[PDB]
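Caption: darunavir together with HIV-1 protease, bound form.
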Protein chains: 2
Amino acid sequence: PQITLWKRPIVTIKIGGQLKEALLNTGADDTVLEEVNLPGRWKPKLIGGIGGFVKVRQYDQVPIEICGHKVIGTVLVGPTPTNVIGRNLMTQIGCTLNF
Amino acid sequence: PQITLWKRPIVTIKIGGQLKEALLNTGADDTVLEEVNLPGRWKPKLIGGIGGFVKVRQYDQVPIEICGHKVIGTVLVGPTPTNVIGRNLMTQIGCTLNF
Ligand SMILES: CC(C)CN(C[C@@H](O)[C@H](Cc1ccccc1)NC(=O)O[C@H]1CO[C@H]2OCC[C@H]21)S(=O)(=O)c1ccc(N)cc1
């Protein structure tokens, strides 16, 4: 599909068997989500943004459905005001910026 | 331009006759630049990012030039890790997300 940006590019995702929505974010290297329930082991990570640093759980190689296509990639889990799909997953469903 | 997201989608941008470069960010509604030499008065603004809320200087109706393409809008100045051009400006180039 071809999304414009007169409003937040928000789309459905499925994570942990659960239906959700997230902002398709080209700003960040990695994906972040609202506290959720997930597979296995995570690493501590510190991301930085606007408003300083925030502590996240790094779940590695996780299965997620974005817009209905399967992707396995890194999901960061932490206190994000909103769910954010990073470049890391966007490139696997052939997302590209068009202008 | 169809641009893939393996890298940061950094493009060239011109303000005040200053060449710099900025992230084509679809996760930011607003355009946020670290410093500019714009000549005078700015307006006090608050945006929230992922790590909290920050003071930033709002400039109305700035002529800016992205990839040669001259467009006009509101250019904040703020504590951003990376120059970010958000959707308010990306719509004026008719830029879209695509997959
Ligand atoms: C400036 C960015 C480099 C900061 N981030 C990406 C950015 O998309 C966030 C992502 C984002 C999206 C929605 C809500 C909060 C954060 N948005 C943001 O704060 O940008 C600001 C520009 O204008 C304002 O409009 C919305 C946010 C403000 S980030 O959220 O911190 C970020 C940091 C690390 C990762 N891995 C992924 C994302």
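Here is how names work: the chains are called A, B, and so on, in the same order as the sequence lines, proteins then strands, and each is numbered from 1. Computed over heavy atoms, backbone and side chain alike; hydrogens, waters and symmetry mates excluded. Order of appearance sets the numbers: ligands from 1, and atoms from 1 within every ligand. Method reported for this entry: X-ray crystallography, 2.9 Å.
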List the other chains with a heavy atom under 4.0 Å from darunavir (ligand 1). A, B
Where, taxonomically, does chain B originate according to the PDB? Human immunodeficiency virus 1
